[PDB]
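Presented below is the structure to which this report refers.
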Amino acid sequence: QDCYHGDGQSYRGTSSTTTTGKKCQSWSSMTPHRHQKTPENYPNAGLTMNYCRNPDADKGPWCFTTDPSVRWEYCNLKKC
Ligand SMILES: NCCCCCC(=O)O
């Protein structure tokens, strides 16, 4: 099962697609979106490849988007 539990900071699945069906930008890529959500900045977060994560304590997993126009979105993951 690829779901999450409550806030999903726990998650470590390899779901890398947006809520709207967009590819997730890779965490360390500063293209298209430059940001500070790097493993250098969050060594415990699991800010690997381009999978949905929660380095910020948000309500659920998300990622930056490869759509230059859409900086970030929630992930297409379910609460389990
Ligand atoms: N936690 C949801 C919003 C992500 C904001 C990304 C930021 O620009 O650092």
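Along the sequence shown, the residues carry numbers beginning at 1. Whatever order the structure lists them in is the order used to number ligands and atoms, beginning at 1.
- The drug candidate or drug found at ligand 1 is named aminocaproic acid.
- The chain in largest contact with aminocaproic acid bears the name, in UniProt, of Angiostatin.
- Other-chain residues and nucleotides with a heavy atom under 4.0 Å from aminocaproic acid are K37, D56, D58, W62, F64, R71, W72.
- For aminocaproic acid, one of its N or O atoms has an N or O atom of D58 under 3.5 Å away.
- Inclusion of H35 in the set of residues having an N or O under 3.5 Å from an N or O of aminocaproic acid is not warranted.
- Listed by number with element, the atoms of aminocaproic acid under 4.0 angstrom from any heavy atom of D56 are 1 (N), 2 (C).
- Lab note: most residues of chain A in contact with aminocaproic acid fall in UniProt domain Kringle 4.
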